[PDB]
Engineer: 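Questions regarding the structure given below will be posed in turn.
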Amino acid sequence: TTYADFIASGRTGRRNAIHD
Amino acid sequence: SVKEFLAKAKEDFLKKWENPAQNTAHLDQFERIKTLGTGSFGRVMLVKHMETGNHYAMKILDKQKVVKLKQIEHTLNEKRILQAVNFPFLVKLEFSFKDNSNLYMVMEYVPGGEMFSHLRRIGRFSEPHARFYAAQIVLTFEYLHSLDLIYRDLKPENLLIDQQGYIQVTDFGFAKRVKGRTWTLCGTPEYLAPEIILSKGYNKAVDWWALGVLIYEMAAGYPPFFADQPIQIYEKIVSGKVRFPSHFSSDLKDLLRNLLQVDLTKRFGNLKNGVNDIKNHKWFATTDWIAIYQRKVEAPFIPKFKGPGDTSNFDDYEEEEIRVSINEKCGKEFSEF
Ligand SMILES: O=S(=O)(c1cccc2cnccc12)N1CCCNCC1
């Protein structure tokens, strides 16, 4: 499922920004 | 009558933007209790004002590290914005000061935690719960966009829940006060609008794109574009191929379809009726916009709170000692702070 696909990405925790 | 409020809110903000505030406090006036948050150049602490016994969140920036990571202009801009803004979903700055080592910003403690912990714990919010939050964000943006501010950093990690169960926005690190366009690659991958990824030269429409990602993420439990790596998320974003779970109402799909619109010139919030296209949308038909502004609506979720200075809705972080140096550091770079 989509839920399971989301867990498989490893981005279920706090997400950082990118800078320059 | 909303346009008069904004014109009066605009003149208020412009005065406080040109004639602001400096060294309104000192560090030994506060007892440091616990770390509520970390980050690359700083930490946020629950402090207790000893004089009064009131609790605040204190943000502590290391001056040397801010210089290292080329963030001078961002930290200065956050402070400036925070003392000039006034709106019930934007956190209040009580004191700012600095010493040899550190910049300090003292704000109101918001004890309910990040929306993020709440949403991962419950899994998803029902459509009305999700709508309650959305509506608060729609007014905040209307406020900031009239001031010419673009926010750029919307995600559940950056929305806190107060005692009444309403939202407070902190983090103006990336907000930029401009009329016209801007070009910086900045933000968080899942929430970057396509024009940002394609290096196009972009505007406040990015914020409404972000509101769609947030509404989707709130009602689904997960963002609409993910993958192992930033790059492969960006590929999904520019394609504009949203799939919606089956439990989404058709009214939500329709709005989401109008916010996650790849093309700038048909995206809701960027058309001629402006923010009114989002507020008159059918998904928000039951929504009393004034009553939301006045905080007169029973929140559908209220976080647990056991007394003043309770940190139970925040993570545990590793406590470090406050290093204050005997030598002044980076005095020229931070004169305006
Ligand atoms: O929770 S915080 O530490 C925080 C910041 C500013 C004011 C706050 C007031 N009360 C609680 C937490 C606060 N925060 C910084 C870490 C990144 N997540 C967004 C907010």
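Lettering of chains proceeds alphabetically from A, tracking the sequence lines in order. Numbering, chain A: per the PDB entry, residues 5-24 in sequence. In order, the residues displayed for chain B correspond to 14-350 in the PDB entry numbering, which applies throughout. Just the heavy atoms: all of them, side chains too, but no hydrogens, waters or symmetry mates, feed the values below. Both counts, for ligands and for their atoms, begin at 1 and track the order of listing.
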Engineer: I'd love to know the name of the drug at ligand 1.
Structural biologist: fasudil
Engineer: Which macromolecule in this structure makes the most heavy-atom contacts with fasudil (ligand 1), going by the name UniProt uses?
Structural biologist: cAMP-dependent protein kinase catalytic subunit alpha
Engineer: I'm curious which other chains are hanging around fasudil (ligand 1) with a heavy atom under 4.0 Å away - can you tell me?
Structural biologist: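 The other chains in heavy-atom contact are B.
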Engineer: For fasudil (ligand 1), find out whether one of its N or O atoms is nearer than 3.5 Å to an N or O atom of B/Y122.
Structural biologist: no
Engineer: Mind checking whether B/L173 contacts fasudil (ligand 1) via backbone (N, CA, C, O), side chain (CB onward), both or neither, at a 4.0 Å heavy-atom cut-off?
Structural biologist: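 The answer is the side chain of B/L173.
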Engineer: For fasudil (ligand 1), indicate whether the residue B/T183 contacts it via side chain, backbone, both or neither (heavy-atom separation under 4.0 Å).
Structural biologist: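 Side chain only.
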Engineer: Is the contact between B/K72 and fasudil (ligand 1) made by the side chain, the backbone, both, or neither, using heavy atoms and a 4.0 Å cut-off?
Structural biologist: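 It is neither part, as no heavy atom is under 4.0 Å.
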Engineer: Which residue from the UniProt active-site annotation for chain B is closest to fasudil (ligand 1), and what is the minimum heavy-atom distance to 1 Å?
Structural biologist: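 Nearest UniProt active-site residue by heavy atoms: B/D166, 8 Å.
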Engineer: B/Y69: heavy atom below 4.0 Å from fasudil (ligand 1), yes or no?
Structural biologist: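 No; B/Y69 lies far enough from fasudil (ligand 1) that no heavy-atom distance drops under 4.0 Å.
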Engineer: Return the option from B/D175, B/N171, B/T324, B/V57 holding the heavy atom at the smallest distance from atom 4 (C) of fasudil (ligand 1).
Structural biologist: B/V57
Engineer: Note the single closest protein heavy atom to atom 8 (C) of fasudil (ligand 1), along with its residue, its atom name and the distance in Å.
Structural biologist: B/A70 CB, 3.6 Å
Engineer: Does B/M120, backbone or side chain, put an N or O under 3.5 Å from an N or O of fasudil (ligand 1)?
Structural biologist: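 No; the residue has no nitrogen or oxygen that sits under 3.5 Å from a nitrogen or oxygen of the ligand.
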Engineer: Could you list the atoms of fasudil (ligand 1) found under 4.0 angstrom from a heavy atom of B/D184?
Structural biologist: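 Per the distance check, 19 (C), 20 (C).
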Engineer: Most residues of chain B in contact with fasudil (ligand 1) fall within which UniProt domain?
Structural biologist: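 The UniProt domain in question is Protein kinase.
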Engineer: How does fasudil (ligand 1) relate to the UniProt ATP site of chain B: which of those residues have a heavy atom under 4.0 Å from it?
Structural biologist: B/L49, B/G50, B/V57, B/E121, B/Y122, B/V123, B/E127, B/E170, B/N171
Engineer: At under 4.0 Å between heavy atoms, is it the side chain or the backbone of B/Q181 that contacts fasudil (ligand 1), or both, or neither?
Structural biologist: neither
Engineer: Is it the side chain, the backbone, both or neither of B/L59 that has a heavy atom closer than 4.0 Å to fasudil (ligand 1)?
Structural biologist: neither
Engineer: Listed by chain and number, which residues of other chains have a heavy atom closer than 4.0 Å to any atom of fasudil (ligand 1)?
Structural biologist: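 Residues with a heavy atom in range: B/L49, B/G50, B/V57, B/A70, B/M120, B/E121, B/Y122, B/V123, B/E127, B/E170, B/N171, B/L173, B/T183, B/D184, B/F327.
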